[PDB]
Number of protein chains: 4
Amino acid sequence: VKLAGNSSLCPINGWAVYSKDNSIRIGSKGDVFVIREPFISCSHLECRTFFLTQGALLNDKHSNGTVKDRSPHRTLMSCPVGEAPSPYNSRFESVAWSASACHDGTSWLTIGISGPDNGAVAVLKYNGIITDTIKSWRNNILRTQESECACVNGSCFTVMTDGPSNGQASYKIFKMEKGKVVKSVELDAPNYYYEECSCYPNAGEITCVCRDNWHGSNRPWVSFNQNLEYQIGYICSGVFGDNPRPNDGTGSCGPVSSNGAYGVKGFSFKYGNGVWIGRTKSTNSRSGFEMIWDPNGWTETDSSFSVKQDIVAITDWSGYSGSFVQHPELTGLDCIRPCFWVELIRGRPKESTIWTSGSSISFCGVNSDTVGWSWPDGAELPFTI
Amino acid sequence: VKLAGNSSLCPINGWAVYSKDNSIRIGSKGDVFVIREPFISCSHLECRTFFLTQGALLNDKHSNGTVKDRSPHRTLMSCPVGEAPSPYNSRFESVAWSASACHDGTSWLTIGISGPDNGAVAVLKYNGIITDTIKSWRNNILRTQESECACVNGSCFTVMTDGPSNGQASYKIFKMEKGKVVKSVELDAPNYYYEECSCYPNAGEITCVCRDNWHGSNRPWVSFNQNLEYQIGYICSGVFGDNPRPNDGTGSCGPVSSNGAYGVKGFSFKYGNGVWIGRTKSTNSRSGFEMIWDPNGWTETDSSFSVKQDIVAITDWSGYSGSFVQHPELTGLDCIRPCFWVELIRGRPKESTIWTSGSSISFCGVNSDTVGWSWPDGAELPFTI
Amino acid sequence: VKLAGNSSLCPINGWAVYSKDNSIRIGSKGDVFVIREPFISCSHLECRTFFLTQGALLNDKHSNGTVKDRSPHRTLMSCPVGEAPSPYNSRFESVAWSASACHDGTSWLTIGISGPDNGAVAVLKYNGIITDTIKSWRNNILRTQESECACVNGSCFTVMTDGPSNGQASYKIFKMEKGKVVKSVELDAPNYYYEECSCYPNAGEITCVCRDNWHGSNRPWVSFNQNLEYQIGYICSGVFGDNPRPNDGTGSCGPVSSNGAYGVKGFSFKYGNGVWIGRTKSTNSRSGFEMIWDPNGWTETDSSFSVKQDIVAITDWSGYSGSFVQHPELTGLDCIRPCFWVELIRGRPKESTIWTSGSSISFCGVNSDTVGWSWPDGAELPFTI
Amino acid sequence: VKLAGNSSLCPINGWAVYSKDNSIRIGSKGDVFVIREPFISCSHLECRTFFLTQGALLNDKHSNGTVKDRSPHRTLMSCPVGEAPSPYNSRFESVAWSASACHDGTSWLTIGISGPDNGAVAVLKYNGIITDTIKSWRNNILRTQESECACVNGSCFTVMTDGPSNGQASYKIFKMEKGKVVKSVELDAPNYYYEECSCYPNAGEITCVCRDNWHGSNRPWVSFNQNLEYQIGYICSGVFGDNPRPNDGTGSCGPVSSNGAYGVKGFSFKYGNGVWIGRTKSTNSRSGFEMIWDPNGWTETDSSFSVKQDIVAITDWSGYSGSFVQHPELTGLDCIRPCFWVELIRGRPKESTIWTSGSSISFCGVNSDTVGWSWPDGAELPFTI
Ligand SMILES: CCC(CC)O[C@@H]1C=C(C(=O)O)C[C@H](N)[C@H]1NC(C)=O
Ligand SMILES: CCC(CC)O[C@@H]1C=C(C(=O)O)C[C@H](N)[C@H]1NC(C)=O
Ligand SMILES: CCC(CC)O[C@@H]1C=C(C(=O)O)C[C@H](N)[C@H]1NC(C)=O
Ligand SMILES: CCC(CC)O[C@@H]1C=C(C(=O)O)C[C@H](N)[C@H]1NC(C)=O
Ligand SMILES: [Ca+2]
Ligand SMILES: [Ca+2]
Ligand SMILES: [Ca+2]
Ligand SMILES: [Ca+2]
């Protein structure tokens, strides 16, 4: 039976630690994939970590040059949450240098983009079987969420971007059923930029918090129907959520252009007119991580907030982060539970190695006691090489 | 319930990337089998890659001399598609230096040939249990498909060859039910040569596209009943599909003798009087790969075609390729879906190593948008050794 | 259906060997986790070994400094009993530097404590899903059993300690149902010290044998209701069960203060007014192991006993030991079967390595013939490093 | 439902190759256990290889001295047939330096002997749970089959030996149900010696072919009821089946004393008054292997036979061999199928290594065409060490 997606997000007070894979530490000796862009997605029965391999193991010569983003060798694979991604515990999903995945209650939907920069194709699989294809419409690096798609009532939803990463691009929402595109809509969003959306379902409605790589140090959002009727905006809080970003100050409910160029994949959970913001601790680089509760931050422009929960200290590397959700049919709860993962990037460009990889940690929204701390990657670089 | 095999091949426009195992790249550090002759076969529930190991791991001294084709140590094994063939994820199937495998909807049938050159025996297993045996009848390297057998209505079908590889040999079709031979027929095919057949079911009828190692640079074919009533011929297109081969020119609906000796395992999908040809890009060696749609190529002798889709560039090594199929009972489709795999050979004889192995990529026939590219093996040779 | 916990402990005469993982021996070459604090827990269908990794493999640089007890990298994981804990056979459970786990007949409950020393949080998971949280109430290293919790009639029970490890601390019993705390009670135990409790169910009643780290060389005990109505005491036998301890002499039914400070996790099985004591052979260090039947030792103060069964010789290292139980619904027996495991610690502080790890052996209570022997760790130190 | 064991052995003409694990070849690089005494046993659903590890991996320092037979570190483990025994694919069964195992249709029974030479205990497990114990009655190396036990009608049967290995010992048959001994009988066999019995069921009757280590170069046999009513004897053929042995000549229906001392574990299948003999090719050492059909060899004393099928050449090492069986409920056949495995020993004492291990090959009885060949171990010694 299908995941309803009809209930609201659980009330929460903080975030309890959920998983830590220790991947890079283990890959010093173990046969562990070089990966980036990991993400978590759950069904009605399990939770899996999905990741983009570089088709190479850590501490091996084929990990050379793995700071490079796209190659014919990158593949989407998955393993049980909290396990080190290995060729001996990993399920092959798709050939992909950009990906999304989610479960509708019946089967896994996966989305894998591969092919040339000027004509990439998204391959959609339902239960490991190809069901559809989406071809680049702007012939400039077709790219998707790098986190879980959202499912409501047997329909799953995703965002894709095509075009420049330093200017106006083109953004589309896709509605799919059983891995087939049944509807899609291009966003009429002049002056907006959408990329690497973290999307979650909330009472029949999908909310995406994305990355403005163009000219925004605050995060853009889309909220849409099962019909793809949408509203757009930026998070107004002066607690800016992108990286890089300026210091906290007066927000905008447009893009904040200081330190607006570039960015990092992130997420936020809308709670009424309040917002839980996951962001790095550093203003410039992908270092540290904290959760911030800003009770009026969705709509109000000030820089004040109620609650900081430390997750990774500034002295340690972080990276991508994304939302995932746990549905009532898995948990037995009467509400949809918010969770998040953080990718902890090690190696290039910031460190002197021949390789780039990431490990993961994850946390779930909880209505009981929690604590801040640092759960950093913990590997000592460089490696034997 | 049994795979019907009663429906036709799906209409398609091109090929979407399905899997890439990255085996050789991973085997630089990971515990990965030295293999050749890999192939994919699906049931009603899963798809598996089958392969012939050399009973040795990559980058280990026992991989020495693995260009050699037949030994008592070669075994047929399988793992989930897209995973690197490892002793920790691989299921043992059979002792074999030549093999075939398929699923009738109930159980896996496997065929493993081992024993001496002058008296090899094919061991047939149904659900991992020995059900029959076929002894060499010409005492000269009994050999079979090195790809999936075809199943129609609880009966599975295979081709075997015995005799010289530089002259007339003897060719037999076998019909088996529950892993037992119930009927077989020797082909009355003077001047023809059949080897390494890629066979697929199409509306109750089996079509095999094979390798003429003797004197044909175009590929021979057999099409046969559930009764083993057959017709034979060669593909007429002047787009020649073997390797080695001459340049494209005037085809024959006999063997094209320039560059006819030797060959490579390949495949083709008959679509009316049209043909999808998988072939190497190079005319001499196993380099590159492309799909070609020739709308009249089954019967017409010209060298013109409609559609080239690149799969591997000439600058990269390929090798064997074969058909596999996905039945309605697995996909939910109303038609049988064509797919193919390519073996990407690395090492001897073309490169200076002590070993020979292959990785795999695969693709499925799709009626939506697709793109050409190169998805090559990607390993850097030589290895530590 | 739920584990009843309503039957009594089986009559037994001795202990039959059950498992040996050979972990450290294998981890000399194999990819094996550095672990400590392992323990066994069974469901109605299987038995699993749980352990606290250091997020590092044996014989790798990240095993450096692993004598250290608590870090953000420590995780609770599990694998089938008797298997070497590897990233390729291990299931991720929780982020934790102190842990407990048990099965109520329906799902696995796990308890993982992580976070800072001055504010650690216990994360409770039911079926891998977070169900509750317990925050440190004395802000001084919240810590739990490091063995299985006890389940009676769909309710599971655990003990936690907070406060100093060289003085009076605070001790609480928790009753949980489906991974949620429904009741808890603080023990009014002046002059007592409770830590690392080994708890087992006996006819609807839970008995814990614990570690007095403060001033007791005999072991303290709690016995409690499904209502958390309790009685407390120390084991009276002059066969002292902690390490360190004095030589056997006149017991107390309070803490025996010679050699009372520090301690080791241990266990005992109450059989009427008799007791089966698992203890080290050495009086000072964690060396050797023996089972002792003292038919009056629960209540009587003498140092005489009936039966020594050797398990590990004094010349070999042991460490932690704990109780586990096998319920009728798993075994088909009419009684609850007592079993125990021993952790065999190797490396720091006693040996010159950069690392500390442990392997495990286990034994089950049997009413047939048994034999004493030595089943030691068997690794030769140091390692390559 | 229980394995009946009520049908007869299938008619056969020869032996078709079934499995080859290539263990030692793979263990040169892969994480593979050092093992000896492997054996195969099947249920109604699968076939598993059982083996005695030395708690150490190949090509690691802990493999030193593994020619030694008995230690506290030896464990019984199992994996799917034809797979290399690894800590990542192996299930832990029992602590044991001598073992037996079989499946009654419901659960796995395992028998593991460990403990001191002068008081070893057999631990019986049903479904991985301890159900019984057998203590040494002669206090001189209690030892069992090192192959599968035989099951008839929910009862399983085994042979054990206690006493000297160069003189009269004591031999017992045990009948067990659900892993519990319900009956046992000591054989009144003066001048006979029984060890390492290969036992199989045939129409409600169990036949064991064993090893006379004392003074027999032909093999002893026991045939017994479900009641344990027995007959004893030696195989009369002048085709002697032990190793060492004299050249073929005039048999005895007592022990043939030339070259009678020592021996090797072997097997034979009784077919009326005929016999299929598995034996080494060499008369002195464990080299080579062949199957011999002697149509009158059970009862007649001559050295003539009808059919030699080569399995391993004299130039290659063999070792232990044993019977296993495949029951109708697994195969769908109307008869019980005979199969055998051969252990291929490498290293000490015959080769200069610090270690001893074995790989396995196996074969099944077939009523179709077969072929002789050599399927040897194939590892090149010595190793890195
Ligand atoms: C194409 C532009 C885009 C945003 C700058 O690049 C992303 C940056 C990345 C990053 O900033 O870490 C890694 C992503 N894998 C990459 N996406 C793709 C599909 O290449
Ligand atoms: C026996 C002749 C045949 C065609 C030349 O050789 C094949 C060539 C091969 C090849 O050209 O790559 C590899 C095949 N494994 C081999 N088949 C066998 C069974 O040995
Ligand atoms: C906090 C004090 C406590 C008792 C001395 O330390 C324990 C000692 C240990 C020991 O004596 O081996 C190891 C335990 N992992 C540790 N517990 C924690 C949670 O750190
Ligand atoms: C105890 C005598 C017996 C026969 C000589 O030794 C056997 C010889 C062996 C052999 O000849 O290879 C290996 C067996 N593992 C061993 N059995 C035990 C239990 O140690
Ligand atoms: Ca930005
Ligand atoms: Ca040719
Ligand atoms: Ca103490
Ligand atoms: Ca003998």
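Protein chains get the first letters and strands the later ones, always in sequence-line order, with residue 1 at the start of each. Indexing begins at 1, ligand by ligand and atom by atom, following the structure's order. Below, each value reflects all heavy atoms present in this structure, side chains not excepted, and no hydrogens, waters or symmetry copies.
- Choosing among oseltamivir carboxylate, ibandronic acid, diphenhydramine, one finds at ligand 1 the drug oseltamivir carboxylate.
- What binds oseltamivir carboxylate (ligand 1) most in this entry is, by the naming of the PDB entry, Neuraminidase.
- Other chains reaching under 4.0 Å from oseltamivir carboxylate (ligand 1) with at least one heavy atom: A.
- The shell of residues lying under 4.0 angstrom from oseltamivir carboxylate (ligand 1), judged by heavy atoms, excludes A/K265.
- Looking only at protein heavy atoms, the nearest one to atom 6 (O) of oseltamivir carboxylate (ligand 1) is A/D69 OD2, 4.7 Å.
- For atom 11 (O) of oseltamivir carboxylate (ligand 1), a protein non-hydrogen atom is found at a distance below 4.0 Å.
- Summary of contacts: the protein heavy atom closest to atom 8 (C) of oseltamivir carboxylate (ligand 1) is A/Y320 OH, 3.6 Å.
- Taxonomically, the PDB assigns the source of chain A to Influenza A virus.
- Looking at A/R286, A/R143, A/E196, it is A/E196 that brings a heavy atom closest to atom 7 (C) of oseltamivir carboxylate (ligand 1).
- Summary of contacts: the protein heavy atom closest to atom 5 (C) of oseltamivir carboxylate (ligand 1) is A/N213 ND2, 3.3 Å.
- Per UniProt's substrate-binding annotation of chain A, a non-hydrogen atom lies under 4.0 Å from oseltamivir carboxylate (ligand 1) in A/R36, A/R70, A/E195, A/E196, A/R211, A/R286.
- Taking UniProt's list of Ca(2+)-binding residues in chain A, a heavy atom lies under 4.0 Å from oseltamivir carboxylate (ligand 1) for A/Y262.
- The 4.0 Å heavy-atom shell around oseltamivir carboxylate (ligand 1) contains A/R36, A/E37, A/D69, A/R70, A/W97, A/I141, A/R143, A/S165, A/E195, A/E196, A/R211, A/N213, A/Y262, A/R286, A/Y320.
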